[PDB]
Engineer: 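Please see the structure below; I have some questions.
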Amino acid sequence: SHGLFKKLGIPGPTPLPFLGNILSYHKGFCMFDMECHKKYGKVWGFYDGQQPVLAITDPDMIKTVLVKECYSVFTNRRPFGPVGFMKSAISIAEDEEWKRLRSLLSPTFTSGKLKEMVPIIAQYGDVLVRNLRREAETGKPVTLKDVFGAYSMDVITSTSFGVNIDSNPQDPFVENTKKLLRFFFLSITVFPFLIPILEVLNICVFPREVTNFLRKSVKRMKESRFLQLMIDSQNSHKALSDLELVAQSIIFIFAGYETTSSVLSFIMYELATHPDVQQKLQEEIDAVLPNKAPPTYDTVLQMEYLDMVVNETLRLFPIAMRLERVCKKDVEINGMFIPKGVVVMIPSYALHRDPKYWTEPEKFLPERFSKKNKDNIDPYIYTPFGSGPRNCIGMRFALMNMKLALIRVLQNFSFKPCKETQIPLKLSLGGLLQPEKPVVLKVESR
Ligand SMILES: CC[C@H]1OC(=O)[C@H](C)[C@@H](O[C@H]2C[C@@](C)(OC)[C@@H](O)[C@H](C)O2)[C@H](C)[C@@H](O[C@@H]2O[C@H](C)C[C@H](N(C)C)[C@H]2O)[C@](C)(O)C[C@@H](C)C(=O)[C@H](C)[C@@H](O)[C@]1(C)O
Ligand code: HEM
C-alpha cells in the first residue's frame, strides 16, 4: 500500500509505516511542496498517513482533472468526518448531491446580484477605517489582524446571517461565531477507519451548541422579515431544504473569514514594503475617486492597478496552498495512469513560484499582471481560487470585498514598516497560509 508509487514508478519521499510522510510537515505545507517539486520534478507521490497523494504539475494534466474529467472522475475533495448535518454544505458535498447544491447556488453568486450587495458591504468599510483611525490616534504601531479580522468577520456574518455587527459589541452573536471557527485531527489522518466509528456515535467536528444557535438565529430572521437570495431560492430539476440553507450559511463563514483577512494582511504588508507601488495605487484611487468619494462596484472594476496588486499578492500567497481532488476511477490522463482512491493534489503555492512560468518568482511585481504580460499567464498554473466547476464559487465577492476595504483604508491612510515589522516576511509553518507573526505597521493619516 505504501508501495503504490514505487510500483507505479513515481518518485516520492519515503514513508514511515503508519504516519506516511506527515512528519515532514514539520516545515509547513509550503516548503514541503517546494522541496518535493525541486527534487522529484514534474510529478511526485506521498502519503498522509495511509492516503496516497499524487502531486501534478503539467497545465494540461491539471486542466484534465480540474475541468475536463471533473464530473466523471475528479468531483470530490478529500472526505473529512465526522460532519453530521454539514454533509449538506456545498464544500463538503460529493458527486450528484454536490452538483445539485452547486446549481442551486450559482444564481446567488452572479455579478449583478453581487452589485446589488456592494452597499451592504460598504457600511463595513466605514466601520473599518474608524477602528483603524482609532488605533492610529494612539500613535503606536498597529497589529492589522485586529481590524481586518473584524472587517472580514463582519462582512461575512452580515451577508450570510442578516445580523449587522460592529465587533466593539463583542458579546452577542459574535461569540458563537468565534467559537465555531476555532475548534484528534492528527489521529483522523492516521485512522480514517476511525471516522465511521465516530459518526455512528453522533460525534461531530462542528459543536452542536453553536450550530443549534445558528440554526435558530436563521429561523428567527426568516420570520422577522446571501441569506435573502437563498430565501428567494426556496420559491420555485431540484428543490432546497431549510436545513441545507443554514448549512451553506455556516460554510460561507468558514470559507470567507480567515482567507479574506489573511489576504488583506499580506496585501498591506507588500504595499508597505514597496512604497512606490502604494504611491501609484493611491495615485490611481485619487484619479478614479476625486476626493474620498464612496466606493462603487462600477468604480472598482475600473481600477487596473488595484486588480494587479490583489492578484500578485495571491500569486505569492495563495491561502489554500493546494487544490485537492479525489480520483473516482482508474484513469489514463495526458499519458499517465491514476488509480482509484488516490488524491490528486495541485501545488498552487509551488506552481505560483515555478521559475519556468515566472521570472524572478520571489519578488513582488504587479507588472506580471499588466495588460501587456497578462495574456501569457497560464490559468492552470495561477490558481488562487482553483479552477473549473468546483472552483471558488465566491471568488468574485471576495475580490470585490477585499478591494472595497483596500480602497477605503488606502485613501485615508499610509503604511510604513516600523520597528516590529517582519523583514523579510515569515510564513505560518502550520495550517492555512498566514503571516507567521501578525503584520505590524506604522499607519499615518494622509
Ligand atoms: C480555502 C478554500 C477551502 O480550503 C480547503 O478546502 C483546504 C484545502 C482545507 O485543508 C485540507 C487539506 C490539507 C491537505 O491542507 C491543505 C489538510 O492538511 C487539511 C487537514 O485539510 C481546509 C483548511 C480544511 O481543514 C480544516 O480547516 C479548519 C479551519 C481547521 C482544521 N484543523 C487544522 C483544526 C482543518 O481540518 C477544511 C476541512 O476543508 C475546512 C472546511 C470547513 C471547508 O470546507 C472550507 C469552507 C473550505 O472549503 C475552504 C476553507 O474554503
Ligand atoms: C481570498 C478570499 C478567498 C479565497 C482565496 C478563496 C479560495 C477558495 C478556494 C481555493 C477554493 C477551492 C477551489 C478548488 O478546489 O478548485 C474555494 C472554494 C469555495 N469557496 Fe472560497 N475563497 C475566498 C473567499 C470566499 C468567500 C468570501 C466565499 C463566500 C461568499 C467563498 C465560498 C466558497 C465555497 C462555498 C467553496 C466550495 C465550492 C464547491 O465545493 O463547489 N470563498 N475558495
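Each residue takes its place number in the sequence, starting with 1. Basis for what follows: all heavy atoms, side chains included, without hydrogens, waters or symmetry-related copies. Per the header of the entry, the method used was X-ray crystallography, 2.8 Å. Read the numbers this way: they start at 1 and go in the same order the structure lists the ligands and their atoms.
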Engineer: What drug or investigational compound is present at ligand 1?
Structural biologist: erythromycin
Engineer: Trying to figure out what erythromycin (ligand 1) is stuck to here - the chain with the largest number of contacts. What's it called in the PDB entry?
Structural biologist: cytochrome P450 3A4
Engineer: For erythromycin (ligand 1), which residues make up the site at a heavy-atom cut-off of 4.0 Å?
Structural biologist: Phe29, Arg78, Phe80, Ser91, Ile92, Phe183, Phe185, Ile251, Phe254, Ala255, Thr259, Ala320, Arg322, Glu324
